[PDB]
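Drug taniborbactam (bound form) bound to macromolecule Beta-lactamase.
All residue numbers refer to positions in the sequence shown, counting from 1. Values below: every heavy atom of this structure, side chains too, minus hydrogens, waters and symmetry copies. If you're wondering, the header gives X-ray crystallography, 1.5 Å. Indexing begins at 1, ligand by ligand and atom by atom, following the structure's order.
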Amino acid sequence: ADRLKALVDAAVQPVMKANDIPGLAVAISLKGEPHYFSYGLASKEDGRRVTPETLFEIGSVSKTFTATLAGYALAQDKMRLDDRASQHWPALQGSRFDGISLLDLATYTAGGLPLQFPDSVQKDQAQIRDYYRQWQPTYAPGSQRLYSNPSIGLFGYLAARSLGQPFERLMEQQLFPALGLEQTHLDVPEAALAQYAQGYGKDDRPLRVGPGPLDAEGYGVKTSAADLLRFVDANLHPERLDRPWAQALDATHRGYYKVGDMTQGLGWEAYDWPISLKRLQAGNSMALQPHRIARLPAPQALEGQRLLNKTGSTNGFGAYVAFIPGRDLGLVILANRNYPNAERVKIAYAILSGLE
Ligand SMILES: *[B@@]1([O])OC2=C(C([O])=O)[C]=[C][C]=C2[C][C]1[N]C(=O)[C][C]1[C][C][C]([N][C][C][N])[C][C]1
């Protein structure tokens with residue numbers, strides 16, 4: 001307990017001072033035991049302290065939840081990864097999505113869908129439909145990875161359509177309950193708002209995420225360190241869940257291609273373990289520009305001596321999740337500042353190394 005807190009303090013405290021992080025929550029799953037380390041302030045203005053129940057925006061860590069709902073649709077044979085995208089939304093039939101697979105959308109290889117929807121696209125069903133209807137690939141589907149909200153957002157929306165209900169309803173009514181997540185929200189209840197940390201940007205501008213097209217699919221989850229560790233433990237032990245949910249989690253542990261040291265799954269990104277900190281930082285700090293992929297001859301099991309991870313950022317928050325299946329080791333780092341991905345990995349690496 002002294003060694004473990006000293007290890008986590010040594011990793012966290014300098015990174016919080018260097019990046020002026022007001023509050024940070026750590027959760028570690030070690031050999032099936034949870035450990036929580038809470039630092040600093042959820043809100044500077046009233047001095048509310050971070051706890052393991054504080055809600056943080058996890059940004060693009062939401063994509064691993066989106067991938068899990070798609071895994072659930074696969075498990076129920078409502079869809080297949082080699083389906084043409086437009087088979088799941090009649091509004092897209094006759095568009096370029098006639099020639100793009102669900103796997104291409106899930107893995108950012110549809111042919112140049114951008115990082116974000118253009119500002120001209122509001123959170124509006126018609127605007128989003130018309131955006132996709134008019135879109136044309138810049139390059140061949142299946143050839144270049146460009147990290148993209150509209151890409152995996154559409155994957156998530158099409159998975160929900162395949163299940164016959166809206167995305168946000170499936171998450172609240174089926175997925176969060178199935179995984180035992182009662183402190184995980186797309187739309188934070190009025191009664192839980194007291195737990196919602198403040199985000200801090202430039203000059204400590206207060207920042208909580210506003211509405212955007214396919215926000216729920218791309219970046220919309222708010223959760224606690226305790227709940228996000230529950231999600232990690234479900235990923236470490238899919239076999240403990242009812243069969244369809246065990247399968248949905250397994251679908252997110254399959255690699256399709258490599259870019260540098262990274263193997264791309266559905267939501268999760270994987271590295272061999274051990275690997276240098278510099279390489280794990282570089283993987284998580286990629287130039288937001290297109291990368292040629294190396295396609296695997298068959299989908300690869302993402303298990304054993306590998307680190308699976310995901311970064312997530314909003315204007316006010318910075319999240320990182322990592323787990324090593326072969327070591328039954330999981331960690332969550334949630335902060336209320338969008339501090340650099342390399343600094344998030346720096347904390348995590350110090351902890352995971354400390355425990356190897
Ligand atoms: B997501 O968090 O992944 C991501 C990272 C990362 O992996 O850490 C870094 C940089 C960008 C992204 C994209 C994802 N996050 C967002 O899209 C943030 C979101 C974008 C829309 C904003 N509101 C628009 C204003 N009308 C809010 C922040």
| Ligand numbers or chain letters for taniborbactam (bound form) | ligand 1
| message | Could you pull out the residues near taniborbactam (bound form) at 4.0 Å? Heavy atoms only, by chain and number. | response | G59, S60, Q116, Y147, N149, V209, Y219, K310, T311, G312, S313, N315, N341, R344
| said: Can you confirm, on distance only, whether taniborbactam (bound form) has an N/O atom lying under 3.5 Å from any N/O atom belonging to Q116? | reply: yes
| query | Which taniborbactam (bound form) atoms are under 4.0 Å away from a heavy-atom of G312? | reply | 2 (O), 8 (O)
| field | Organism for chain A, per entry | value | Pseudomonas aeruginosa
| Against heavy atoms of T311, which atoms of taniborbactam (bound form) measure under 4.0 Å? | 6 (C), 7 (O), 8 (O)
| said: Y147 versus taniborbactam (bound form): do any nitrogen or oxygen atoms come within less than 3.5 Å of each other? | reply: yes
| Covalent anchor of taniborbactam (bound form) | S60 OG
| request: Within a distance under 4.0 Å of any heavy atom of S60, pick out the atoms of taniborbactam (bound form) and give their elements. | output: 1 (B), 2 (O), 3 (O), 4 (C), 13 (C), 14 (C), 15 (N)
| Protein heavy atom at shortest distance from atom 15 (N) of taniborbactam (bound form) | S313 O, 3.1 Å
